[PDB]
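Consider the following structure, which contains chloramphenicol.
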Amino acid sequence: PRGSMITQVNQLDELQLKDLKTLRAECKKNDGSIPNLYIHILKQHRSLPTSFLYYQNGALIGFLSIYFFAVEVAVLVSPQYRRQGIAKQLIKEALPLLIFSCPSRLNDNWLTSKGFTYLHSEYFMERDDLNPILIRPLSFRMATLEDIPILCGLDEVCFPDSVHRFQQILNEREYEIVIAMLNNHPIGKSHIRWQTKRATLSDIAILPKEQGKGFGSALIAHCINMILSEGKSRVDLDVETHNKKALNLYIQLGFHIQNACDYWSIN
Ligand SMILES: CC(C)(COP(=O)(O)OP(=O)(O)OC[C@H]1O[C@@H](n2cnc3c(N)ncnc32)[C@H](O)[C@@H]1OP(=O)(O)O)[C@@H](O)C(=O)NCCC(=O)NCCS
Ligand SMILES: CC(C)(COP(=O)(O)OP(=O)(O)OC[C@H]1O[C@@H](n2cnc3c(N)ncnc32)[C@H](O)[C@@H]1OP(=O)(O)O)[C@@H](O)C(=O)NCCC(=O)NCCS
Ligand SMILES: O=C(N[C@H](CO)[C@H](O)c1ccc([N+](=O)[O-])cc1)C(Cl)Cl
């Protein structure tokens, strides 16, 4: 009680950042997944004091932060000190001034009972198998700037400023987009962000009318193989869903869940 301290901090200096990662690892090991913390964000000054740090005897045991992108609340309490009022004190420090990101399966029963509402879930998946995948009537090509109409059309029906977003992606050298063609019709796309040791698939879209035919799996399998041919040892994948049933697609291709969050809401 004497040794318990809450500091409201407009931006995390270096040392505060290193303590958070200690707390994150600890929560990661105990819960399996962690909330979104947005580390690169936590370093910038903002207009109101945003991150809330709970210390016990100088040791960080709780953290709550608010993000301005609606508002996203991330809350993290050391397993040793849970159910002792810590999160409750932490939101009050942010109540006079809500989308919670939540480790999948941890808090499902009691979030409903209080009147939270489930939005959707996000998954970071990883495929570490170095063996390729080993046949649909699809061809593939890399998108260019002259594919902007196609790319905007696909994004319109699969994720209801697209022109300039795709202009920005296509002009960034770490990014490429693969287009899937059914005969002479583009029916899908996948974005690749390349790094030295790995590459990340995102924004995978198949036209609604062409779904259920294996084109999605063929597209991702093509991107996996393309990544392995370049000597990467890992394919990552970010996908947002409303239902867990949707992940079997990626489980079949060798992806494993590395992190999983459910976005819940309240006011
Ligand atoms: C979710 C989390 C932040 C709660 O921290 P906490 O300090 O243990 O929660 P508090 O003690 O402040 O509040 C407890 C109350 O909120 C609910 N609550 C919190 N944890 C609960 C749990 N395991 N089971 C049921 N209700 C819970 C209850 O209403 C509880 O009532 P109580 O007063 O009788 O204890 C903590 O469990 C954690 O860090 N989990 C990993 C990250 C996470 O799930 N973030 C989502 C944030 S909502
Ligand atoms: C999500 C999406 C990309 C999937 O595309 P899709 O072409 O319908 O996916 P597929 O047809 O390849 O696979 C669907 C199911 O058939 C299975 N499948 C594919 N090939 C199979 C095969 N040879 N044998 C058995 N099952 C197969 C898959 O396992 C999958 O699940 P199931 O086992 O329960 O049946 C598509 O729905 C879409 O574009 N949605 C809008 C955007 C979106 O949701 N993006 C999320 C990724 S960022
Ligand atoms: O949440 C999203 N994206 C990122 C991953 O690209 C995710 O939220 C994230 C947040 C914080 C973080 N961190 O704290 O280092 C990592 C990933 C949206 Cl695509 Cl829903």
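For the single chain, residues carry numbers from 1 onward in sequence order. Counting starts at 1 for both ligands and their atoms, following the listed order.
In this structure, every copy of chloramphenicol sits at ligand 3. The chief contact partner of chloramphenicol in this model is named by the PDB entry as N-acetyltransferase.
With non-hydrogen distances under 4.0 Å, the site around chloramphenicol consists of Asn36, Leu37, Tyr38, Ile39, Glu122, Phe124, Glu240, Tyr263. Chloramphenicol has no N or O atom lying under 3.5 Å from any N or O atom of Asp238, backbone or side chain. Ranking the protein heavy atoms by distance from atom 12 (C) of chloramphenicol puts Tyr38 N, 3.7 Å first. Nearest protein heavy-atom neighbour of atom 17 (C) of chloramphenicol: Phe124 CZ, 3.8 Å. In the PDB entry, the organism given for chain A is Legionella pneumophila.
If you check which protein heavy atom lies closest to atom 1 (O) of chloramphenicol, you get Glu122 OE1, 2.9 Å. Here is the list of chloramphenicol atoms found below 4.0 Å of a heavy atom in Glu240: 19 (Cl), 20 (Cl).
Given atom 9 (C) of chloramphenicol, the protein heavy atom at minimum distance is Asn36 OD1, 3.7 Å. Considering backbone and side-chain atoms together, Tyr263 places an N or O closer than 3.5 Å to an N or O of chloramphenicol.
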